[PDB]
**Q** 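Notebook entry - examining structure containing 1-deoxynojirimycin.
Throughout, chain A uses the PDB entry numbering, with the displayed residues spanning 1-101, 103-471 in order. Values reported hereafter were calculated over all heavy atoms of this structure, with side chains retained and with hydrogens, waters and symmetry mates removed. Order of appearance sets the numbers: ligands from 1, and atoms from 1 within every ligand.
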Amino acid sequence: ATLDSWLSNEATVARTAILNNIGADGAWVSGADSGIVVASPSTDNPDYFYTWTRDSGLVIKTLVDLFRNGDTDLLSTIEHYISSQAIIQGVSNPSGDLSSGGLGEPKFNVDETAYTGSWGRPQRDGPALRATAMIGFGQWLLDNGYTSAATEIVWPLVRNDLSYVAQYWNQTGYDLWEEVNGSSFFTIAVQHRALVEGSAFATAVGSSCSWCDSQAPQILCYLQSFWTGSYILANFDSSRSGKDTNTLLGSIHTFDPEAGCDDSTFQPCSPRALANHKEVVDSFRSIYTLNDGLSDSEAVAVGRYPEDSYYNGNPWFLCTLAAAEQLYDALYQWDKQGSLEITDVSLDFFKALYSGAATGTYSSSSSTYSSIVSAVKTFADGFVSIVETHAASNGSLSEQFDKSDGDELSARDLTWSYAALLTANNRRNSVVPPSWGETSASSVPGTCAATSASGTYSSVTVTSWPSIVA
Ligand SMILES: *[C@@H]1O[C@H](CO)[C@@H](O[C@@H]2O[C@H](CO)[C@@H](O[C@@H]3O[C@H](CO[C@H]4O[C@H](CO)[C@@H](O)[C@H](O[C@H]5O[C@H](CO)[C@@H](O)[C@H](O)[C@@H]5O)[C@@H]4O)[C@@H](O)[C@H](O[C@H]4O[C@H](CO)[C@@H](O)[C@H](O)[C@@H]4O[C@H]4O[C@H](CO)[C@@H](O)[C@H](O)[C@@H]4O[C@H]4O[C@H](CO)[C@@H](O)[C@H](O)[C@@H]4O)[C@@H]3O)[C@H](O)[C@H]2NC(C)=O)[C@H](O)[C@H]1NC(C)=O
Ligand SMILES: *[C@@H]1O[C@H](CO)[C@@H](O[C@@H]2O[C@H](CO)[C@@H](O[C@@H]3O[C@H](CO)[C@@H](O)[C@H](O[C@H]4O[C@H](CO)[C@@H](O)[C@H](O)[C@@H]4O[C@H]4O[C@H](CO)[C@@H](O)[C@H](O)[C@@H]4O)[C@@H]3O)[C@H](O)[C@H]2NC(C)=O)[C@H](O)[C@H]1NC(C)=O
Ligand SMILES: *[C@H]1O[C@H](CO)[C@@H](O)[C@H](O)[C@@H]1O
Ligand SMILES: *[C@H]1O[C@H](CO)[C@@H](O)[C@H](O)[C@@H]1O
Ligand SMILES: *[C@H]1O[C@H](CO)[C@@H](O)[C@H](O)[C@@H]1O
Ligand SMILES: *[C@H]1O[C@H](CO)[C@@H](O)[C@H](O)[C@@H]1O
Ligand SMILES: *[C@H]1O[C@H](CO)[C@@H](O)[C@H](O)[C@@H]1O
Ligand SMILES: *[C@H]1O[C@H](CO)[C@@H](O)[C@H](O)[C@@H]1O
Ligand SMILES: *[C@H]1O[C@H](CO)[C@@H](O)[C@H](O)[C@@H]1O
Ligand SMILES: *[C@H]1O[C@H](CO)[C@@H](O)[C@H](O)[C@@H]1O
Ligand SMILES: *[C@H]1O[C@H](CO)[C@@H](O)[C@H](O)[C@@H]1O
Ligand SMILES: *[C@H]1O[C@H](CO)[C@@H](O)[C@H](O)[C@@H]1O
Ligand SMILES: OC[C@H]1NC[C@H](O)[C@@H](O)[C@@H]1O
Ligand SMILES: OC[C@H]1NC[C@H](O)[C@@H](O)[C@@H]1O
């Protein structure tokens, strides 16, 4: 009504805003090299005028999906990003060089020089998020007959990042929020994913990734430890409750449209992810005044973790959108399957939205199913309205929105906010991402081993891009 139309306008504003934040033509980020994704044009309070491997990887993956669906104009953007990464990989920084840990460096200056001050480094998700983004583009190239571009440019780039993942997964580092030195759900989840699709990608170009194959099952094994019995623990080595939107992100960024409600990979419709969803969201109901008076069956403003004190601890646009996106994803999964199941694990999730919820299997033609799917859609859309209510009048999406009055705060025009909007909207519309092979990578080994595999490192030089026509 308002929502459908706002979303439609907002998607268009988000696509533009992201482009304004990518060099060397990006209107808001003059100074940024070619294919460099800037986190935000805010150069002071806070200073976000840097390129993070995570934000960039997440943003480009989004644009690659848009591109595969017909937004052909994004081609040059993706090519420039690929070329920029050929360079960054080789940049010597506080985390090391290409073959000695450099790949793990969190952020860089927009000019492609290293950031040398103190930072929570390394962040092991980066390499995995970059590989995922590149593999998508690489797949398109193979499908459209640009085999050479896939085999000689993309593959070797990906091969570097996959090698980092297989080698250091089993080592502590910082979480996506760059504050906890330990082992993080999000990181492990995206790492498992990357190796699985990394392996399929290697086979497609006529090469192999033995280190992908030997480590993915072990990463999966370890992931299981994050299930506490009632929710997903955001991090090992933390003194907090462990309720964190990090776990929602892990699920949506590892969603496979071909997967069932698999618990071992924490899919969106899995009992564990649904139980988790309620625990996380509920953790923000009583700490934000903006949430005052809402009931348990209503959407609330979501932040990162309940203990957060960054800018005083406020809801984040991307965290609120992730809460919605997981539901969109589960809805799609249930529809595709033709049923939904309520277990003891997911009962509270369902019961809060539909008081008549009881364990059992509900076929898609059943009354219970209709009742539940409507409640779920309504709830999901409700998080989106919170976003809509606090977005700026011209559509500007900030990092945070005040916990008391909803005014935008922290970094303005955060690229990540814009990407999160794009994906929540796609999912809402049933536009899902290419599958990553989850259906052959959900079997958990009987015994988990604390291990690694060492792959191979080689500097890539992008001398020329074929003249691709989309
Ligand atoms: C919807 O409408 C919105 C409202 O109009 C619109 O947002 C506005 O967009 C303009 C850009 O078109 C923004 O202008 C910038 O303002 C900067 C100063 O901001 C402070 O002061 C403002 C006024 O008092 C505040 O409004 C502003 O608050 C906002 O930002 C806060 C911080 O993130 C946030 O918390 C608030 O909630 C609020 O959102 C903030 O307090 C100003 O610095 C900046 O100037 C730079 O860029 C100009 C060109 O784009 C240059 O001409 C200028 O010389 C400056 O360039 C420097 O910085 C650039 C990066 O931004 C670099 O590209 C340049 O190379 C250069 O950098 C050098 O200097 C740096 C030193 O710190 C250094 O680090 C660099 O390495 C380099 O050496 C610009 O004028 C305006 O802030 C926005 N207003 C608001 C309220 O957000 C929005 O974009 C519209 N959205 C859509 C979707 O259309
Ligand atoms: C490298 O790989 C190996 C192999 O996979 C990893 O080893 C596994 O590590 C996990 C995590 O430590 C470990 O699981 C723990 O088992 C203990 C007993 O067997 C449990 O007591 C412990 O409980 C915590 O987590 C539960 C969820 O699993 C929570 O329900 C519970 O509340 C506990 O959580 C609190 O306490 C922890 C302290 O550990 C704290 O950090 C939390 O934040 C929270 O406050 C775990 O379940 C496996 O048994 C190990 N497996 C093997 C085969 O040895 C290793 O961790 C990897 N290393 C890195 C750095 O990646
Ligand atoms: C995930 O993958 C495993 C095999 O790796 C399947 O057994 C499971 O059903 C799901 O498809
Ligand atoms: C399912 O498959 C995995 C490998 O993907 C095995 O490790 C597991 O033991 C089960 O056979
Ligand atoms: C970690 O352990 C595995 C299996 O136990 C080895 O194959 C690997 O090489 C590393 O030593
Ligand atoms: C990853 O780390 C393991 C340690 O378990 C080594 O055996 C391997 O060679 C690589 O360094
Ligand atoms: C892991 O170890 C192998 C073998 O020593 C190297 O070739 C690789 O670069 C990484 O250091
Ligand atoms: C690891 O393997 C790659 C691919 O064969 C080599 O090019 C690299 O130099 C290292 O030996
Ligand atoms: C390792 O592999 C890269 C990518 O093919 C080469 O550019 C490099 O010379 C080395 O052989
Ligand atoms: C690979 O790494 C070398 C440095 O070893 C760079 O010079 C090259 O541009 C690429 O990044
Ligand atoms: C790409 O190739 C050039 C040589 O053509 C190297 O110097 C660079 O380090 C990377 O291997
Ligand atoms: C230019 O040079 C690079 C590396 O030196 C090649 O891999 C590329 O395909 C082109 O020939
Ligand atoms: O957007 C830049 C940077 N800001 C702070 C966030 O915690 C982190 O995830 C992000 O990469
Ligand atoms: O104030 C700590 C702050 N530092 C830097 C990180 O970007 C952010 O996630 C964290 O909350």
**Q** Counting duplicates, which ligands or chains stand for 1-deoxynojirimycin?
**A** ligands 13 and 14
**Q** Name in UniProt of the chain with the most heavy-atom contacts to 1-deoxynojirimycin (ligand 13)?
**A** Glucoamylase I
**Q** When you compare 1-deoxynojirimycin (ligand 13) with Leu177, is there at least one nitrogen or oxygen pair between them that comes in under 3.5 angstrom?
**A** yes
**Q** Under a 4.0 Å heavy-atom limit, does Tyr48 contact 1-deoxynojirimycin (ligand 13) with its side chain, its backbone, both, or neither?
**A** side chain
**Q** Under a 4.0 angstrom heavy-atom cut-off, which atoms of 1-deoxynojirimycin (ligand 13) come close to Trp417?
**A** 9 (O)
**Q** Which UniProt active-site position in chain A is nearest to 1-deoxynojirimycin (ligand 13), and what heavy-atom distance, to 1 Å, separates the two?
**A** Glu179, 4 Å
**Q** Counting each atom of 1-deoxynojirimycin (ligand 13) from 1 as listed, which ones have a heavy atom of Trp52 under 4.0 Å away?
**A** 2 (C), 3 (C), 11 (O)
**Q** According to the PDB, which organism is the source of chain A?
**A** Aspergillus awamori
**Q** Got an N/O contact under 3.5 Å between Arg54 and 1-deoxynojirimycin (ligand 13)?
**A** yes
**Q** If the cut-off is 4.0 Å to any non-hydrogen atom of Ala39, which atoms of 1-deoxynojirimycin (ligand 13) fall inside it?
**A** 1 (O), 2 (C)
**Q** What is the closest protein heavy atom to atom 6 (C) of 1-deoxynojirimycin (ligand 13), and at what distance does it sit?
**A** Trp317 CH2, 4.0 Å
**Q** What is the nearest protein non-hydrogen atom to atom 10 (C) of 1-deoxynojirimycin (ligand 13), stated with its residue, atom name and distance?
**A** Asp55 OD1, 3.7 Å
**Q** Does 1-deoxynojirimycin (ligand 13) have any atom sitting under 4.0 Å from a heavy atom of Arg305?
**A** yes
**Q** Can you list the atoms of 1-deoxynojirimycin (ligand 13) that are under 4.0 Å from a heavy atom of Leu415?
**A** 1 (O)
**Q** Hey, could you tell me which residues sit within 4.0 Å of 1-deoxynojirimycin (ligand 13)? Heavy atoms only, please.
**A** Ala39, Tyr48, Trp52, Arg54, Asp55, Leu177, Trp178, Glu179, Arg305, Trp317, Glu400, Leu415, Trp417
**Q** So what's 1-deoxynojirimycin (ligand 13) close to, N/O to N/O, under 3.5 Å?
**A**
from: 1-deoxynojirimycin (ligand 13); atom 1: 1 (O); to: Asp55; atom 2: OD2; distance (Å): 2.6
from: 1-deoxynojirimycin (ligand 13); atom 1: 7 (O); to: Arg305; atom 2: NH1; distance (Å): 3.2
from: 1-deoxynojirimycin (ligand 13); atom 1: 9 (O); to: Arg54; atom 2: NE; distance (Å): 3.3
from: 1-deoxynojirimycin (ligand 13); atom 1: 9 (O); to: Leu177; atom 2: O; distance (Å): 2.6
from: 1-deoxynojirimycin (ligand 13); atom 1: 11 (O); to: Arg54; atom 2: NE; distance (Å): 3.3
from: 1-deoxynojirimycin (ligand 13); atom 1: 11 (O); to: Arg54; atom 2: NH2; distance (Å): 2.9
from: 1-deoxynojirimycin (ligand 13); atom 1: 11 (O); to: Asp55; atom 2: OD1; distance (Å): 2.7

